[PDB]
Structure formats: C-alpha cells, structure tokens
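We name chains A, B, ... by the order of the sequence lines, and we start the count at 1 in each one. Note that ligands are numbered from 1 as they come in the structure, with each ligand's atoms numbered from 1 the same way. Values below: every heavy atom of this structure, side chains too, minus hydrogens, waters and symmetry copies. Per deposition record, X-ray crystallography, 2.4 Å.
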Protein chains: 2
Amino acid sequence: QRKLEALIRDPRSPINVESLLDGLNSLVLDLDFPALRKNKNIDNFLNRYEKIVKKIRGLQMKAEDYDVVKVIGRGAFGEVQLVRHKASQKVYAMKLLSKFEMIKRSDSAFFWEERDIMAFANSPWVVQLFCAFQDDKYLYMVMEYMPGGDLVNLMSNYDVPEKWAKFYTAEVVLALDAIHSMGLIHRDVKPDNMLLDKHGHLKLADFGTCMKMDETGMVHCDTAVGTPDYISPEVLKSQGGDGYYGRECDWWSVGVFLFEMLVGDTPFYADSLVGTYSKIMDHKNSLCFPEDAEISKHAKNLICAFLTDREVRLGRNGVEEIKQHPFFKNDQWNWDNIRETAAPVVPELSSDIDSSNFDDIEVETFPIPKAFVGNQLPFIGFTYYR
Amino acid sequence: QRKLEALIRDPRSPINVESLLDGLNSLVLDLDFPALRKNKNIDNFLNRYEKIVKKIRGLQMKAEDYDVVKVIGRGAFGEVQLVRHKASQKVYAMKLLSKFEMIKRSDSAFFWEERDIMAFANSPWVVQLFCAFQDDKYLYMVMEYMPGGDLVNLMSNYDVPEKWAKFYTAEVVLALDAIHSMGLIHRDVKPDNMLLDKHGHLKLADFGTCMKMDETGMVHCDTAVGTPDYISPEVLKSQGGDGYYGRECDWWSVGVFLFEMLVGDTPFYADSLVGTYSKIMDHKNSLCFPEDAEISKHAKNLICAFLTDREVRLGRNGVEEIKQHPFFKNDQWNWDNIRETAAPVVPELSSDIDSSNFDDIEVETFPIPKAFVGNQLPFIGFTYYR
Ligand SMILES: O=S(=O)(c1cccc2cnccc12)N1CCCNCC1
Ligand SMILES: O=S(=O)(c1cccc2cnccc12)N1CCCNCC1
C-alpha cells in the first residue's frame, strides 16, 4: 500500500493516474448504449459514475482547445495539423489517429513505442511530445512544430553539395545512435521522417516502426517494414521467416539516404515496388553510380561501405567506425558540437505559422453496438501531460 | 487538471485512488474469460494490463490475512466473523457479503449507506469501519468488535429494572440523534442492531435501511422496511403508496423497545407476521399493558407518548421534548456525559476473543460467462482504508 503512492505518480507506469482515468472513462463510454443498459449490473454502475465521469471529461484537453491553421502532413490513420492552442497562443504540430480506422484495420497498438519515445526521449534529436489526449473518436498527439520542413523537400529545392551532405548525414547518425542507445532500432530511416527545426537542425519525427532490442541488441522479426527504397536486405529477407538482426539495418538506410542526396535518385529505384525489392536482393549487381554524377572518392566510399551485406557493412564493429570515416573530416564541426554550429539551410520564416516548407494537402462512426465490444479498450493509457 | 490532485485523494469522492483501482481490477476480472478473449480489443487490453494488475492484486488486503476465530452473526448475504488480523494480532468483527447472493437476488447496492456511515460518522455511537476490501467472490468489512453482545441477549439474561431501561433508552436516543444530524433516518431501530462495547456502552451496528433526508428532513418511500415488531404505522402504510415521513419513525421504534425491555414482550406481538401488521395498524386498540406488569407512571407515560400516530407523537417538535421527559430524570448521568458514566452491565471478559455474549451459530460460483455481463461492476468503489 506503500509503493502505490509511487506507481500512481510515476509517468512511466501503466497504472498511473491518467491511465486509471482513461480506464474509467473508456468503460463508461463502452457501456453507455441502449441495448447494453438493459443489463442492470451495467445500468447501475453507469448511474453511480456517469455523472462524475462527464464532469471530469469537462476538464480534459479537447480538440476545440485548438485552432486548425492547416494540414501539413498526412498519415495512414489521420493527418498532422499545424495548430495554435487558443488560450496560450502557442503553435504545435498535432497528429490525429482515427480510432475507427485503427480498429477496422485491426492495427490499434502500433503507437505505444512512438508515444514513449517522443514523450521520454528527452533528446535534441527527437521531436518532443508535449501532451497526448483522446476523445471517443480520435487519439491526439501535440508535438513541437518543425518549420524547417522535411528533407525530401530540402532535396528537391537545392542541389546538395557534399559540405551539406556531411552535415545532414552526421546529424542522422547521431540521431539514430541516440535511438539505439535507448534500446531501439528504427527500421524506417528515410528523408520523410527527418525534419528540420527553426534553426535548420535535424530531428527524427516518426517512430511507428521502432522495436526494442535484445540483450544482444537484436530483434527477431518476420515482417519487412519501411519504405521500399530504404528496406535493407536483411529486413527484406526476414519476410521469408526467422529474421534476426540488429541496428545495422538503420546504417544501410543511411547509405541509401546519402546516395539519394548526392546522386539525386535512390540507388534501387525501379518503376514497380517489386522491381525495387529485386534490386535490393541483388544489390551486389544492381548498385551502380551514374557516369555524369560527380562524387568524391570518400563520399562514394562511404556509400559503398554502407550498401553491402551486413557481415561486412560499415558499423558492424560499432558506430565509432562510422564517425571516423574520412568523409566526415571537416573544419566546421566535430561529433560533440555539430548541433550548435551553423546549419547549412537556415529557415527564413515570416511568422509562427509559416508552413511554406510543407507542400499543400487536399468521418465514419462506429455502428452502435448490440452487446459489449470494447472499442475504447485499446487506447486506455494513451493520455499524457508533461 | 488542478482539482484532480484533490479528488483522487479525497476519501469521500467516488473517483479516488482506491476506486480507480477497483475499476481497473473489476474490468480485468470481468473480461478475462475463454469466450470473451476471442474478441481482440479485449485480448489486447488484457495483455497490456493483466500482468501489472495481478501484481497490484498481490498488495491488496486478503481474507487470508485474517484468522477466523468463529461466526458471531449471520446476515442475509453472509456472516459476521470474529477474526484476528494475523500480522497485527488485533481482533475485529468482519462482515462478509456474497457477490453471487446479491447479484442473484438483484440487491447489489444496499451497502453504500452503511459503508459511508461506519467509515465517516466518527461518532462514539456508531460502530467503526477500519477498512473494506473485496475479492472476486465477497465484499469484506473489518469493523470494531463489540464484545458486550446485543441487547436481545441482554434482555433475555436479566430482568431489566427502570434504572437500566433509562440508561439504554437514553443512549439509543442519542445514537439516533447523531444519525439524524448526519441527514439520515434509520428505519430499523431494534435490539438486534444495538451492540454493547467493552465498557457496556451502546453503539448502532447496522445501517442497511438508512435513507438520506430531504431539505425538510423527510423521505418519499413506498416500501415498508424494518422488522415487523418495530415497523411504525406510517412506514407500514407507505407500502400502499406515496409514503412521506421523517425521523419520527425512529422515535416509534424507541417506544416499542422501551416497552419490550420493561414488559418482557413486544407490544404488538402476534403468532403470524400479518397478525402483527394488523395490530400495528390498529395500535389505538391493540396496545395494552399486562395486569401484573409493574411499570412506573413516567415509564408508561413515555411508552404511550411514542406509541401514537405521528401527528401527536413525542418528538414531533424535536428531540428536545424527548430528552426532557420526566422518565429520564436521574442522579447518575445527564445528556452530555452519559457515555462516560458507569454502564449498568459491565462485560466480564476473559480474553480478546471472548464471545460468550453471542449465541452460537451453525459456496456457489458464477457460471463462466459467454459474453460480457459485468458482475464486478456494482462493487467498484467499495474498497476503503483509513
Ligand atoms: O511531417 S509530418 O506531418 C510531422 C510529424 C511529426 C511532427 C511534426 C512536427 N512538425 C511538422 C511536421 C511533423 N509527418 C507525418 C506524416 C509522414 N511521416 C513523417 C512526418
Ligand atoms: O451482531 S452482528 O453480527 C455485528 C454487526 C456489526 C458489527 C459487529 C461488531 N461486533 C460484534 C457483532 C457485530 N450483527 C449482524 C447480523 C444481524 N444484525 C446486526 C448485528
């Protein structure tokens, strides 16, 4: 009875205050229906607690507490809106996940890892989660807004010189090392998940496919994840059964990224997705550099050292061998201070809602239930306030 | 988000810590079944929380934490056991209420009033609740043990002189005034619910039929409650529809009690229950004193002043007129200090488990559910620790 004063207040615990309230609020939501109320055990309880619960729901953060300035990202289960909290006047990126889409698709437990990393990472390399809440229809994540836009946008607006490519690649290696040292492998390293902040420095903004490492730093997984252009050969092959791999899969993606940034195209580009999988499986033959592409000796060397089978890939003896590669040799920054040195592309913003670095972008209730189905159960424990 | 640090810690609130845990524990219990787990919303949630919940259940007070010395009372839904807490070695009376009997009988919300009064009354006239807990099968209430036994037992072991009858009646009036001043009318005032403690002083030990008063001190009720011998005429008639009455119904029972204690029989005794109801409805004619019964002028006067229709009953202008009745005139105590004066019958106990003042006294699982039925829902919020 001693430890509970601890557990309840510990933000990491699954049974803290906010989670206990989520439960009691999800229970009332999932039981208050016409048919269900014919049962009396249910109708009684809904009597005692329904009033007090509706009052508590009044003190809960709400979507209405925010103005939707505009949509800046689109997800598989919702969008990411640029918003301004009405009372504070502060701006944030707010991601929405539809409870109905996740339930219908039977994919209602993929967000825990992301929620945890963005909330507790406490790292300059990870987009920060200020608070997470929910209503009967959606899940909400209020995060720090990254006005710099992603790297897919930076790569299409500038012809990137090696000086920049070193900078970004170095920050990507540091961001992933931070994630690995938290016990996770990313598995979806790509330009779309890399955002630039107000100063032009990098942060990872998506962790939907992260996974907790072993006691050896490895994971057992039989599902190929990540965008086709960036899936490493070991992750691709794990789709055929008994995949066992470590963080080296993120290092492969860095190679694809560096290639794409300096060559202008992804190394295993193909007109079909299956075409790309095939190139990847046959990387020994399929990788090749364009004749007119002008790339330094070291740059081409680093790309080839990442783009090989795991057993001989750069980083197989630790991140230290990646950091000492000659391609990173320079006079502006070192591995300890890169984030406090001038970024290559400093954003030029005209206001707290300037979303010029983001391309523009262009409603299904649950069927009232017969008997209890528990559709709010998977989201008990999502709520979070710093 | 400010008030919650309050609510959660306020023992009176329905959504405090212990209640939030009851919910999350009742939910897991009511969802963890073979058939129910075929649904995935349920199976997922039962995965995330089932482990942590079973650990928390380990830190919960348990029936095994107590030795059952013997059964001292029997209830409609369970028994009252004399027990010793194993670790502390302290003795208590522990009442058990079967969840299955309450559910089957559809009477799973009658205990709230009692739980509240015994837990928060903080009065020398009310048996005290130290803690309430529960397991999947029972509800438990750990109360202070009253070794003196009840007044049904005292009346059958002694021929009670008026000196004593004043003492007990005065303590009964004070105990009920305490209950009324809490905003409740008792409605089951009888010798069985009156217990004597270690010193021989009185306390009320049952509040199963209490009801919150109006803003006028009255209640609207259409159900006759209480044991037949003690039901007042207004409570009996309310069974026929539109009952509206106040605390005067408790004063009537005091009259029945005083009569029984001095005459040796209840005033409206009959061989059948229906016989007794009839006498009560016809109290103007049915009340009469035995020829050989020797009762003082004042004693007989008080009995008759209580045993009349409400409109002319003693106490209709407040408890003050009851306390100043001449029958209570005496040299041992006054209304302010009666509880700290020598009791008439001081218990002679040989140990902390002496239950000689209590007569001796001489298993049905719920059918595994098909779909959710929620049988643990009515008891969410029962848990309580001082
Ligand atoms: O650019 S996002 O809208 C975005 C995500 C998270 C935090 C953000 C903060 N600021 C702007 C955009 C943000 N985004 C989601 C959809 C595609 N995947 C990765 C990035
Ligand atoms: O005597 S009890 O067992 C009892 C109740 C509550 C607290 C007690 C404390 N000590 C002894 C007996 C007690 N009891 C229950 C059954 C019949 N109704 C009223 C009294």
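- Drug at ligand 1 (options fasudil, anisindione, dorzolamide): fasudil.
- Lab note: most contacts to fasudil (ligand 1) come from the chain UniProt lists as Rho-associated protein kinase 2.
- Every other chain with a heavy atom under 4.0 Å from fasudil (ligand 1) is named here: A.
- Close approach of fasudil (ligand 1) to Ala93(A) (heavy-atom distance below 4.0 Å) involves ligand atoms 8 (C), 9 (C), 10 (N).
- We find no covalent bond linking fasudil (ligand 1) to a chain.
- Per-atom contact check: atom 14 (N) of fasudil (ligand 1) does not touch the protein, criterion being a heavy-atom distance below 4.0 Å.
- Between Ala205(A) and fasudil (ligand 1), not a single N/O pair is under 3.5 Å apart.
- For fasudil (ligand 1), the atoms lying closer than 4.0 Å to a non-hydrogen atom of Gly73(A) are 3 (O).
- The ATP-binding residues of chain A named by UniProt that have a heavy atom under 4.0 Å from fasudil (ligand 1) are exactly: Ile72(A), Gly73(A), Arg74(A), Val80(A).
- In this structure, atom 17 (C) of fasudil (ligand 1) lies nearest to the protein heavy atom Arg74(A) O, 4.0 Å.
- Annotation: atom 8 (C) of fasudil (ligand 1) to nearest protein heavy atom, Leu195(A) CD1, 3.5 Å.
- The contact region for fasudil (ligand 1) on chain A lies mostly in UniProt domain Protein kinase.
- Using UniProt active-site annotations for chain A, the residue nearest to fasudil (ligand 1) and its heavy-atom distance (rounded to 1 Å) are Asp188(A), 7 Å.
- Scanning all protein heavy atoms for the shortest distance to atom 20 (C) of fasudil (ligand 1) gives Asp192(A) O, 3.7 Å.
- Close approach to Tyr145(A) involves these atoms of fasudil (ligand 1), each under 4.0 Å from a residue heavy atom: 10 (N), 11 (C).
- Heavy atoms under 4.0 Å from fasudil (ligand 1) belong to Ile72(A), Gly73(A), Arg74(A), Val80(A), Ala93(A), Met143(A), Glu144(A), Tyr145(A), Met146(A), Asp192(A), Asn193(A), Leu195(A), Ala205(A), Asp206(A), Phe358(A).
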